[PDB]
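Structure of itraconazole in complex with Lanosterol 14-alpha demethylase.
Note that the numbering runs from 1 along the sequence shown for the chain. Method of determination (from the header): X-ray crystallography, 2.4 Å. Computed from heavy atoms alone, side chains included, the values below leave out hydrogens, waters and symmetry copies. As the structure lists them, so they are numbered: ligands from 1, and atoms in each ligand from 1.
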Amino acid sequence: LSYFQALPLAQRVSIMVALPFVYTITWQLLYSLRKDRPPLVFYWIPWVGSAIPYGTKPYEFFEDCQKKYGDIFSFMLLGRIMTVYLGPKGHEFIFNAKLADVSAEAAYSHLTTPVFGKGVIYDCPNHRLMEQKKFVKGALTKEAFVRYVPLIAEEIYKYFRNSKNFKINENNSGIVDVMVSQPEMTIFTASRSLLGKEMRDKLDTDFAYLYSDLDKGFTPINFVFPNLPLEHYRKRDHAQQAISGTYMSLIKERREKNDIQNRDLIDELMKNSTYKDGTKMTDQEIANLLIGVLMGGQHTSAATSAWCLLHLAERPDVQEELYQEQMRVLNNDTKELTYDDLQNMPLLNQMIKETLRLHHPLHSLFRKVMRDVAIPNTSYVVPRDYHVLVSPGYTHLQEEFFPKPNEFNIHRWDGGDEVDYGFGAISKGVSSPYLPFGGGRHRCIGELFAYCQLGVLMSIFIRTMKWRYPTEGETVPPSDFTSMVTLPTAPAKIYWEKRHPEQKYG
Ligand SMILES: CC[C@@H](C)n1ncn(-c2ccc(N3CCN(c4ccc(OC[C@H]5CO[C@](Cn6cncn6)(c6ccc(Cl)cc6Cl)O5)cc4)CC3)cc2)c1=O
Ligand code: HEM
Ligand SMILES: [Cl-]
Ligand SMILES: [Cl-]
C-alpha cells in the first residue's frame with residue numbers, strides 16, 4: 001500500500017471504486033463456506049444485490065436460481081437477504097410457519113401502517129389481526145353478497161353511461177385503456193358496496209384526489225424507505241388523516257341517529273368489533289381498518305379484471321362460450337343478475353380462476369425471520385433478521401403442475417383437515433400448487449368478495465360488449481412486476497362494441 005500512492009490518479013481511483021466490489025465478492029466467497037446456510041445467489045453490485053433480475057422478471061429469476069441451487073436459495077435485495085422456498089413444500093414452510101419463527105407484521109408494517117393508520121392489521125399483535133379478520137367477515141356473508149350484487153351492477157352501469165371512457169348511451173364502439181377503466185370501476189363498486197352510498201358519492205367530488213394521494217404512498221419503494229421528507233409522503237399522511245377522519249365523521253353521524261343497519265362494512269364494524277377480552281375497537285381504528293380492507297381489494301381486483309379482459313380480447317370463442325352460459329343462467333337476459341346466478345355460472349368462475357392462475361397479482365409474499373429456523377430435511381438454518389419469501393404464483397406457471405402453463409384454458413378447471421386461527425375454519429394444509437389467495441393464518445378473507453365483484457363485472461362485460469385488440473395479431477401484453485401487484489404494461493387498449501346498440505344503460 002506504499003506502492004499504491006505512487007500510481008497515477010486514474011489508477012488509484014479505479015482501485016478505490018473497485019474496492020467495494022472486491023469486498024462483496026470476497027464476502028460471498030466466504031459465505032459459501034457455510035453449509036448450514038442456503039446458497040446465496042451470486043451478485044456483482046454491492047447492496048443492490050439481485051434487485052434488477054428479481055425486480056423485472058421474478059419468475060424467470062426464480063427458475064434460473066432453481067436450476068442451479070435447488071428449491072431453497074437466498075438472494076441479496078437492497079441490503080436485505082431474502083430466502084426463497086419454492087414449491088408446495090415452501091408454501092407449507094412459510095404459510096404454515098409458527099408465530100415464534102416468522103412474522104408477517106414485522107415484514108409489512110413499515111409499508112402499510114402509514115397508509116392505513118395505527119392500531120389495525122399489521123400495527124397490532126397477530127391475535128388482534130385474527131379478530132379484525134373475524135369482524136370484517138361479518139360483512140362478507142352470502143346474505144351480504146345477495147345485497148351487494150345489484151349495487152355493484154348499478155355502479156358498473158352508471159360507469160358505462162357517465163365515464164368518458166365509454167359514454168355507452170352515445171357510442172356503439174370505442175377504444176378503452178383497461179388500465180384506466182378497471183382501477184376506476186373497482187373503487188366505485190367496492191365503495192358503494194363496502195363503504196355505502198355516502199362514501200361512494202364523495203368519489204364524485206374533489207375528495208377522490210385524497211384516494212389518489214393515499215395510493216401514491218403505497219408503492220414498493222416504501223418497502224425500503226418507509227419515511228423520507230418527500231412531497232408524496234406528505235400527501236399520503238394527509239390523505240390517511242382526511243379519509244379516516246371522514247369515515248369517523250360518518251360513523252359518528254350514524255351513531256347519533258342510530259342509523260345502523262345491515263348495509264355495508266361500516267354497519268358491521270359498528271355492531272361487531274368487540275374483542276374476545278371484552279375490549280373493543282375505537283372509531284379511529286374502525287376507520288383505519290376500513291382503509292386497509294378497501295386498499296387490499298383495490299389493486300388485486302383491478303389488476304385481475306384487466307387481465308380477464310385482455311385474455312378474452314384474443315379469444316372470441318371463449319367470449320361466445322361465456323355469452324351462451326349467460327343466456328342459459330339469466331334466461332336470455334330477461335332475469336336480473338343475482339348472487340345465486342353467479343354461483344351457477346361455472347364457466348365464468350373458471351375463467352376468473354384461470355386468469356388468477358396465469359396472473360397471481362402478488363408474486364412475492366414475505367415474512368421476517370424472528371429467530372433462527374432450521375429447514376426440515378436440509379442442513380440449512382435461516383437466521384434471525386432474514387426474510388423468507390414464498391411465491392405460489394411461480395407454481396401456477398410450472399409445467400409439472402399445469403400442462404402448457406402459459407396457455408389460457410378455462411376448461412382445465414372443469415369439475416382435508418381444517419383449523420381455526422380465529423376468523424373461521426380454513427384448510428389446515430397449504431401444499432396445493434395453486435394459492436391465489438394464500439393460506440394459513442394470513443390467508444385472504446376477501447376471496448368471495450373478489451369472486452362476487454369480478455363475477456358481476458365480467459358477467460356485465462360479456463352481456464354488454466364484444467371486444468378484441470385494435471390491431472390484428474396483437475396479443476396479451478407483458479407484465480410489469482415492479483409495482484405493488486403484477487399488472488399489465490400500460491396502456492392496454494381494447495376495441496369494444498355494444499351487443500345491443502339500442503340498449504340504454506344507467
Ligand atoms: C432497482 C431495480 C428495480 C427494477 N427493482 N428492484 C427491486 N424491485 C422490486 C422489488 C420488490 C417488489 N415486489 C415485492 C413486494 N411486493 C408486495 C408484496 C406483498 C404485498 O402485500 C402483502 C400484504 C400487504 O398488502 C396486502 C395485499 N393484499 C392482500 N389481499 C389483497 N391485497 C394487504 C393485506 C390486508 C389488507 Cl387489509 C390490505 C392489504 Cl394491501 O397483503 C404487496 C406488495 C410488490 C413487488 C417490486 C419491485 C424493483 O422494481
Ligand atoms: C383477486 C383478488 C385478491 C387476491 C388475489 C388476493 C390475494 C391475497 C393474498 C395472497 C393474501 C395473503 C398475503 C400474505 O400471506 O402475505 C391476502 C390477504 C388478505 N387480503 Fe386479499 N386478495 C384479493 C382481494 C381482496 C379483497 C377484495 C379484500 C377485502 C375486501 C382482501 C383483503 C385481504 C385481507 C384482510 C388479507 C389478510 C392479511 C393478513 O391476514 O395478514 N383481499 N390476499
Ligand atoms: Cl343518457
Ligand atoms: Cl375465510
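The parts of the structure that belong to itraconazole are ligand 1. Residues in other chains coming within 4.0 Å of itraconazole (ligand 1) by heavy atoms are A51, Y54, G55, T56, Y108, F116, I121, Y122, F218, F223, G292, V293, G296, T300, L362, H363, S364, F366, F481, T482, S483, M484. Short contacts between itraconazole (ligand 1) and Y108, defined as distances under 4.0 Å to a heavy atom of the residue, involve ligand atoms 19 (C), 22 (C), 23 (C).
Counting only heavy atoms of the protein, atom 43 (C) of itraconazole (ligand 1) lies nearest to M484 O, 3.3 Å.
In this PDB entry, no covalent tether of itraconazole (ligand 1) is modeled. The shortest contact between atom 8 (N) of itraconazole (ligand 1) and any protein heavy atom is with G55 CA, 3.9 Å. The protein heavy-atom contact nearest to atom 30 (N) of itraconazole (ligand 1) is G296 O, 4.0 Å. Near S364, with a cut-off below 4.0 Å to any heavy atom, the atoms of itraconazole (ligand 1) are 18 (C), 19 (C). With respect to atom 20 (C) of itraconazole (ligand 1), the closest heavy atom belonging to the protein is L362 CD2, 4.1 Å. At the top of the distance list for atom 15 (C) of itraconazole (ligand 1), counting protein heavy atoms only, stands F366 CE1, 3.6 Å. Listed in the PDB entry as the source organism of chain A is Candida glabrata (strain ATCC 2001 / CBS 138 / JCM 3761 / NBRC 0622 / NRRL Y-65). Counting protein heavy atoms only, atom 3 (C) of itraconazole (ligand 1) is closest to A51 O, 4.4 Å.
Every atom of itraconazole (ligand 1) with a heavy atom of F481 under 4.0 Å away is listed here by number and element: 46 (C). Taking atom 11 (C) of itraconazole (ligand 1) as the reference point, the nearest protein heavy-atom neighbour is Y54 CE2, 3.6 Å. Closest protein heavy atom to atom 37 (Cl) of itraconazole (ligand 1): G292 O, 3.0 Å. Distance remark: protein heavy atom not present below 4.0 angstrom from atom 33 (C) of itraconazole (ligand 1).
Residue contact check: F218 has heavy atoms under 4.0 Å from atoms 40 (Cl) of itraconazole (ligand 1).
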I'd like a table of the close N/O pairs between itraconazole (ligand 1) and the protein (anything under 3.5 Å), one pair per line with both atom names and the distance.
from	atom 1	to	atom 2	distance (Å)
itraconazole (ligand 1)	6 (N)	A51	O	3.3
itraconazole (ligand 1)	32 (N)	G296	O	2.9

